[PDB]
Amino acid sequence: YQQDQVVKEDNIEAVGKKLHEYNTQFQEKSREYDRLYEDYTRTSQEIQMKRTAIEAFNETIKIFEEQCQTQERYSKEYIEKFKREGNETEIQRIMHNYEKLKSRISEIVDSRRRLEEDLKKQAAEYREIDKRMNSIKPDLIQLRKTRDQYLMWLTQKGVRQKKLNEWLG
Amino acid sequence: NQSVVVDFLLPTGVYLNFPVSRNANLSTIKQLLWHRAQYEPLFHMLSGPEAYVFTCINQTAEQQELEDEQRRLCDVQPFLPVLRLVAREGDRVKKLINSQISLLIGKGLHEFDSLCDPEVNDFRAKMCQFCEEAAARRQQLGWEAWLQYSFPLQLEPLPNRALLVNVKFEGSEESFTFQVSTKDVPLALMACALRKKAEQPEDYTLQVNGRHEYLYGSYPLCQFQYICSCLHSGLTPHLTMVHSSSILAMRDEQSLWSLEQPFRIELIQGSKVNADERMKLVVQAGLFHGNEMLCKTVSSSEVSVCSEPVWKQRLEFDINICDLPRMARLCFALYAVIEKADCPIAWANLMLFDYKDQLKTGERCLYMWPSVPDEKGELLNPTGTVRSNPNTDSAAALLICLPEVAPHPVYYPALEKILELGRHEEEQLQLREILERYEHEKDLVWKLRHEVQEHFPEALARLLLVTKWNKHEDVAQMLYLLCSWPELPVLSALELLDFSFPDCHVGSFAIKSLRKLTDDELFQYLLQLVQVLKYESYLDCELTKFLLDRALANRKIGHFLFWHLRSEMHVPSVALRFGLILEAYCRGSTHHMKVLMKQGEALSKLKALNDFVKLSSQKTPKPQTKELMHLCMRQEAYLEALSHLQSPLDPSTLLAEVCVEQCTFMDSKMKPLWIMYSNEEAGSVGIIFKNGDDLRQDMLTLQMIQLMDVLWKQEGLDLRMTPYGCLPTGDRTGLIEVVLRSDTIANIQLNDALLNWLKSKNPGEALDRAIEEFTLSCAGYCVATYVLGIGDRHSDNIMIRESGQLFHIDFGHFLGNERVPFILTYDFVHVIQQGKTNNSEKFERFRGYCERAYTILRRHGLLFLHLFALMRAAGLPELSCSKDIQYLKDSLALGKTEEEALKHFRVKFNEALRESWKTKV
Ligand SMILES: Cc1nc(-c2cn3c(n2)-c2ccc(-c4cnn(C(C)(C)C(N)=O)c4)cc2OCC3)n(C(C)C)n1
């Protein structure tokens, strides 16, 4: 008066054939998981690299912003002191030099912009990986649990280790 | 292309943008900068170039003042090619050190600041002062002591024969050769050499020329490795006399228990949850102390799958607040389940008390780690790290809220207040029996817990695991005993560092018993002590303090501490904890920090070199790839980086000059580089840089073979093993020592045959030694491999030295990953017997060696179990559970008596000898 219905087949060969099918299916799903888990870890490493690369873009731009602040403060008296004693050359060279600096910042901002687009795109991937791993787990776990039930069923029935191995490996 | 357009920002606001060479050093770039600046505005207001320093943003996103201008631009590796001029200003030493630390540990120090964490900040504060204190203290100390720090003695763990030795002085062509016994103290040897023609020998030390290895102290000549090594082979030792002042040159470096409320929490929301829409999400929570639970594990309702699921549930646990222990650990797992009208998604752990002993309150956002399906499919993951996921922007997370227990905050009681409550035969037979080798038995042990302290001091672990940690009354009583528990041997303490014993009082006792450790012994367990840090709850702990203590006292220890920690800085779960230790060490070791940088750069160029060779092999044939590999090495930046550095595998070894013609790679799976060195001061070392594959498994194995070799040597049994160097240095990156004058058995047979090969390498008299070297080593590796369960053995992964010594490599599979039988190979037995059909006199000696070897390992069997038990922290696939530890128990047959063990080993041995003939046919 004790019950637990689990195994579908009911003979030592038919069960062992099903054990060979379930084991193969387990190992193939494990390879699917492990293969994605490399993508997850690699993508995680890559995403962090992109994140510090953005902090690098910030800290560079920040240096250019400091340069502009200085340019403006520093240049005031020189442009005015060269206006009197009419050196209009030196004023225009300074401002063009400054316009060249401002122009360079906009390239670095564009370069930062592109890397932010990559990290956005790769964040979408990271989640897509993690979503796919979580749809594989229940199958992978069911296949582990089934496999083990068939092994146990055959071990109870008294099947020798030699016969168990040739079904597994 | 060879040139780069570099941006130059002048301190007058002016900006320049011209091309320079990647190989050009910063000093040259400044000259070229000043030449261009002449013809740009505001040049009259600049000072001379010497007044200024280049600044850049380096690869770690941090500003770096580039003080050394002999350094090349390509070596600096600024993020974008941008140099700013700034004042040579302020405390440049602190700023320069912080930059170099960031680059060295492969984590920018700012990332620690960014976290805005008191715990991090307090740690960095406390430890950096502690390490800086040791450093300053160290500096004051004399050359004798400093030598012992910098280059600590390497001794072997006993006849009195006589052989000559070559001794010279520094900066002199003339060298003196003369006779000396094996049992002389080095002071006497110096005194003898000091007689140059007709100074004092106490102001000297003997250096092994070609390598940073010194001979000194109250010890005989033959106990030194160099002398021992050379005397075995017969070679003349080459020492060098160095002056005491010459060492000083190197030295130049500068209320709760009232709260009877049940414990509860508010589960608010999930975030960034990726799952199947058809399924529904559930969160299971459980409190833990170590491995064992504190109460039953509650659960949530079935809310439907989305990215941002909302629960808002009062999860109430079957335990009070006053009941919760010091190291209480709330543990979440998020699951996706069918409605029923299971998939573990992720998990997160959380210490209920914070680092300052305060019971936490308010909202916590726990950034969850993903669940990986293992064999033991547990509900929760209490062994997992307490540290949060650093992928905060993209990773899933759980938002919770611990409620306000009282108006004023609450702390866990102090030692004084714990000791207050702590003060309050047929049993003697029953107890003994239990500890001489369980719900009924636990209560017996608990009742008789005072008798355990007096009469069974070594059974402390058992007593801790029987203690009811959920009951706070019991916890007081157990700690009371612990704080006056007698000091246990190292062996017991090693068990106590395991995750089963999370309490800070246990760990502190563990470390307290580990302070009697010598540096030689400590080094034997250093790998394991590093892994145990992954079980630690808080950053500031005893184990970190201890490791840092010893690392500052011994540079060799410091060296391998650094690399163990450095090589896992890629791993998110330890990168923070390890980062802060690497920082602290670096602050207390500014000198050694320069050596470790030079190594890191070697390893960085090698990776880049290996990547090229990997790609070229697919495109082109080997000869052309080897030629193109040399071309890359010929480059000024490469050659200088790879040349002249202390070896990561052994810092006493000098890798002086790369032999580029002798360098190549190996066709193997991940095409490892073969790099060859030589030094004219010595002395021809070789390394294998392997990248793409994990070397942690090999290192552990070799560590254990080394330990066996020591355990055997301590009983006067030198089995001539070869525990070659193997060190993981990064993400799937390591160095392997090349053992000179050796080849694989397959190759020697490819050119009966093994025996003839030994004739050519050992003619006449030598051959007798070569066989003995073979037998002694063949025994040790036969036992070693059997014990450790190292399968997959064959001719490609067993090598032999020209000396005669056999040894194994590539220990990828181990602990039977089913039992590996004991293995005698006919080809080896054939050599052992000196080519004969029957030579039982010789074969009996070999049987005796194997038995004595195996016997000795059982005598130290628990040492091996305990160490392996701690390596479960490392997350190796083939060492992850009790079954993997059980392999060692059965292979050393600890459950069986010593007589029973030997009889079984013989039976195995005999069947191996029987199987040896069958395999051959
Ligand atoms: C996991 C792993 N471990 C190793 C590994 C570990 N070792 C060696 N390889 C190793 C390999 C060759 C040599 C050697 C010395 N001389 N010669 C030659 C040129 C034949 C000679 N006699 O003229 C070869 C010495 C060695 O040292 C022992 C440790 N490998 C590799 C498969 C990548 N992979």
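Numbers restart at 1 for each chain; the letters A, B, ... are given by sequence-line order, proteins then strands. All heavy atoms count here, side chains included; hydrogens, waters and symmetry mates do not. Both counts, for ligands and for their atoms, begin at 1 and track the order of listing.
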**Binding partner of ligand 1 (most contacts, UniProt)** = Phosphatidylinositol 4,5-bisphosphate 3-kinase catalytic subunit delta isoform
**Message:** Quick one: what's the drug at ligand 1 called?
**Reply:** taselisib
**Item:** Other chains near taselisib (non-hydrogen, under 4.0 Å)
**Value:** B
**Item:** Site residues for taselisib, heavy atoms < 4.0 Å
**Value:** B:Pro672, B:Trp674, B:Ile688, B:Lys690, B:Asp698, B:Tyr724, B:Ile736, B:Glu737, B:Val738, B:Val739, B:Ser742, B:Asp743, B:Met799, B:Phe807, B:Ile809, B:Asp810
**Request:** Write down the UniProt domain of chain B that holds most residues touching taselisib.
**Result:** PI3K/PI4K catalytic
